[PDB]
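Check out this one - cinacalcet stuck to Extracellular calcium-sensing receptor.
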Amino acid sequence: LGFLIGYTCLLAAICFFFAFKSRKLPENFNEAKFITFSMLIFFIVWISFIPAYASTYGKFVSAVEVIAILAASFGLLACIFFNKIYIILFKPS
Amino acid sequence: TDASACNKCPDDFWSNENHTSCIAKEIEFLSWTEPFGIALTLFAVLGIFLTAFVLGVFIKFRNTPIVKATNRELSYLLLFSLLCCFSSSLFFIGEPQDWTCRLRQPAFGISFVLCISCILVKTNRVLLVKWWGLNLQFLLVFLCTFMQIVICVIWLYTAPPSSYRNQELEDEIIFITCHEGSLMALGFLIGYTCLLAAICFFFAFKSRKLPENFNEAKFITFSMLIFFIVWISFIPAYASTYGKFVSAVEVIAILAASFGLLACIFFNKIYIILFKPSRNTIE
Ligand SMILES: CC(C)CCC[C@@H](C)[C@H]1CC[C@H]2[C@@H]3CC=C4C[C@@H](O)CC[C@]4(C)[C@H]3CC[C@]12C
Ligand SMILES: C[C@@H](NCCCc1cccc(C(F)(F)F)c1)c1cccc2ccccc12
Ligand SMILES: C[C@@H](NCCCc1cccc(C(F)(F)F)c1)c1cccc2ccccc12
Ligand SMILES: *[C@@H]1O[C@H](CO)[C@@H](O)[C@H](O)[C@H]1NC(C)=O
């Protein structure tokens, strides 16, 4: 499980690097803000739950995982696709 | 030898494994020399070191007019506030003595207000939206800070925090925590800080596209969003921990908020002042 977590964290860091390197692309092709904010949301949510995962081991040890998953993946969705959906529907160009 | 009835062990004491003698319960609490504590205080001191290095950079290149466009004098106050905010994290990791519990939250609160209000006042387009010219921004930020100082002082005078020694969670382990007394004053403190941060976020949200000193108003927005993310994810992370790892989560949130405020907002200037694009600064 530790290696399974570490590989995902490493790919998240590589995602950070790719977002930083893709900073200068035109507006439609530049998603550096959204990628970096998604990765920040994922990392912040999962790091903040470290004491909870390391201390509680009852019913809350799985509720913590559920809320952390539903926060990280929802942050991914909101950061990546929500702005594009808004710019397509609410403010067409 | 011949006991008609075993007598209960006294307070702060517990029976041995074989119920022969009595031993004392344990003073479980977050401290240093722990796999969790040492890394955390290492991160705190690293934050202090980075903040001091950035302050030294701003002092060294103090005459270059890259920094002169954003109230250079106020930047030192911001950096000192960041020092104090980082240092306030070390209060949650120590022994929960009497004085620590009375000050751990107020210290970080005054630090963060002296930080966010200073950022909000820093906006050169809002200073002018005869006591001006020599000190105008300082008084405006000082009123906002002073409001928080007085609410802190009324909370510290009316219902001072106390170092609650709690042993109901574990019968054999004593947990040294901190009690606040009146939670409504702490709620008012947190609400006022959040309102000030939201005001800063709103004021920075309208100037995203203006490249005022390297698109600073966009990174105000980024830092405020990071702060709100951190303190909205701290809510479920806090009301889940039971034990020594409860003063280790608010301190993690403090470190995250301080990092988001410092790096996002100053590294723009730092990566141009001293890095390879050194000959990219201009008036
Ligand atoms: C230092 C690490 C550990 C955390 C801090 C975040 C770093 C990686 C990020 C936050 C915002 C980023 C900056 C965003 C925009 C630009 C403008 C560009 O013209 C030079 C790089 C620069 C200035 C980036 C450098 C990297 C940066 C400072
Ligand atoms: C859902 C989760 N299962 C164990 C959580 C351990 C954990 C608890 C608290 C904090 C952290 C972390 F921050 F260190 F990641 C991990 C999981 C499963 C599979 C892959 C994952 C990749 C990243 C994160 C979680 C992953
Ligand atoms: C550090 C953090 N409070 C710590 C205790 C949390 C708590 C513990 C127990 C009860 C409650 C609550 F019920 F009041 F919410 C909260 C804090 C301190 C100061 C200013 C702040 C401003 C913004 C964000 C956080 C701030
Ligand atoms: C039982 O209690 C403790 C074990 O934790 C031990 O120190 C003590 O000597 C024991 N008493 C006996 C074996 O009589």
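Chain letters run alphabetically, one per sequence line, in listed order. Note that chain A is numbered according to the PDB entry, with residues 773-865 shown in order. Following the PDB entry, chain B shows residues 577-705, 717-870, kept in their order. Header says: electron microscopy, 3.1 Å. Each ligand, and each atom within it, is numbered from 1 in the order the structure gives. For the numbers below, each heavy atom of this structure counts, side chains included, while hydrogens, waters and symmetry mates do not. Only a slice of the deposited entry appears, and the contacts counted are all within that slice.
The ligands or chains that make up cinacalcet in this structure: ligands 2 and 3. Heavy-atom contacts below 4.0 Å between cinacalcet (ligand 2) and other chains occur for A. The shell of residues around cinacalcet (ligand 2) (heavy atoms under 4.0 Å) is A:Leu776, A:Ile777, A:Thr780, A:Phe814, A:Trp818, A:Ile819, A:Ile822, A:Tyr825, A:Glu837, A:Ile841.
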